[PDB]
Number of protein chains: 2
Amino acid sequence: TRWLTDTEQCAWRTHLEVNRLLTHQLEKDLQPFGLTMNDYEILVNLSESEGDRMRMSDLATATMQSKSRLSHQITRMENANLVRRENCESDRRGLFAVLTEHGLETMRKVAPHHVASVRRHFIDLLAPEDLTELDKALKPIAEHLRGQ
Amino acid sequence: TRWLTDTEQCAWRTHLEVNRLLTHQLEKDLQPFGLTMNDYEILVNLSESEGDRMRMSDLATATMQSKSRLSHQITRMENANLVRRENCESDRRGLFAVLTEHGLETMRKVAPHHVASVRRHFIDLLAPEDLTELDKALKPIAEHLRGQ
Ligand SMILES: O=C(O)c1ccccc1O
Ligand SMILES: [Cl-]
Ligand SMILES: [Cl-]
Ligand code: NA
Ligand code: NA
């Protein structure tokens, strides 16, 4: 068994501590808007797409979740009038998710607070050099994990 | 509003993607042992404490969660005979979470596999320089988040 060295262990535990604490903190900061981070991430992905809409299978890939889990989540967001589903007449490759105007306005309301939170708890705490170096180091990890 | 620059946004999204994918993968690798990552984190904290026990209030602080959330998790682990709650005779009254013999054996069985997983999905994918850098860059973010 190759136990972690002191240097490896420290890096691993710092990563894990930041991951856990940051996820909690960002969720906490969205709570007053009645949104989960999962909700917010869908709003962002849709708003950055042409026509504010995406094929469900492409949205599933972008949010790294199963067809069935995304479907449940979209039903929840539909019930909150944030998104709607649309049929495709021309093929059988599935439904589109589309942002509603209420979804758009919700995004526009929350985004400034979310960006301020991301900055105060993370981005503004990193030197530009460390940000770049972190990104170059972590990109291949994302790639490995996406493949896995 | 100071919107994220392109460089900041790319880095931020890579951090999010890695945090999410890595948590999912490590949870998946623990599944054959019947353990969640929350379970495992408590096993680790207890096994690294003197006497393989910790005061519940210290354990809440160490895992950065509320008294009520920890309590629900400990109940689950107690039902699984991994930990016991005990008002241990002590000079300072207080409730302890105590690793059971089954907890300790479970830890000894699972730890080698978990370390192999942490290596294959993360640690063995990082150059020594990026490991040092991760640690130096992220420590102040962990500090900030703990202070919240
Ligand atoms: O999953 C881990 O390896 C770990 C390490 C330190 C503290 C809590 C944890 O879950
Ligand atoms: Cl558009
Ligand atoms: Cl000990
Ligand atoms: Na758009
Ligand atoms: Na110990």
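In what follows, every chain begins at residue 1, and chains take the letters A, B, ... in the order their sequences are listed. Order of listing sets the numbers, starting from 1, for every ligand and every atom in it.
- The chain with the most heavy-atom contacts to ligand 1 in this structure is named in the PDB entry as putative transcriptional regulator.
- The compound at ligand 1 is the drug or drug candidate salicylic acid.
- With heavy atoms closer than 4.0 Å, the chains neighbouring salicylic acid (ligand 1) read A, B.
- Binding site of salicylic acid (ligand 1), heavy atoms within 4.0 Å: A:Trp12, A:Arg13, A:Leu16, A:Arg20, B:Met37, B:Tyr40, B:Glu41, B:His114.
- Counting atoms of salicylic acid (ligand 1) from 1 in the listed order, those under 4.0 Å from a heavy atom of A:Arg20 are 8 (C), 9 (C), 10 (O).
- Scanning the protein heavy atoms around atom 5 (C) of salicylic acid (ligand 1), the nearest turns out to be A:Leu16 CD2, 3.6 Å.
- Scanning the protein for heavy atoms near atom 2 (C) of salicylic acid (ligand 1), the closest one is B:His114 NE2, 3.3 Å.
- Covalent bonding of salicylic acid (ligand 1), as deposited, involves no chain atom.
- For salicylic acid (ligand 1), the atoms closer than 4.0 angstrom to any heavy atom of B:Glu41 are 8 (C), 9 (C), 10 (O).
- The organism reported in the entry as the source of chain A is Streptomyces coelicolor.
- For atom 6 (C) of salicylic acid (ligand 1), the closest heavy atom belonging to the protein is A:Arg13 NE, 3.6 Å.
- For A:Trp12, a nitrogen or oxygen atom sits less than 3.5 Å from a nitrogen or oxygen atom of salicylic acid (ligand 1), counting backbone and side chain alike.
- Short contacts between salicylic acid (ligand 1) and B:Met37, defined as distances under 4.0 Å to a heavy atom of the residue, involve ligand atoms 1 (O).
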Give every pair made of an N or O atom of salicylic acid (ligand 1) and a protein N or O atom lying under 3.5 Å apart, one pair per line with both atom names and the distance to 0.1 Å, or write 'none'.
unit_1                    : atom_1 : unit_2   : atom_2 : d
salicylic acid (ligand 1) : 1 (O)  : B:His114 : NE2    : 3.0
salicylic acid (ligand 1) : 3 (O)  : A:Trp12  : NE1    : 3.1
salicylic acid (ligand 1) : 3 (O)  : B:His114 : NE2    : 2.8
salicylic acid (ligand 1) : 10 (O) : A:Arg20  : NH1    : 3.4
salicylic acid (ligand 1) : 10 (O) : A:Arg20  : NH2    : 2.9

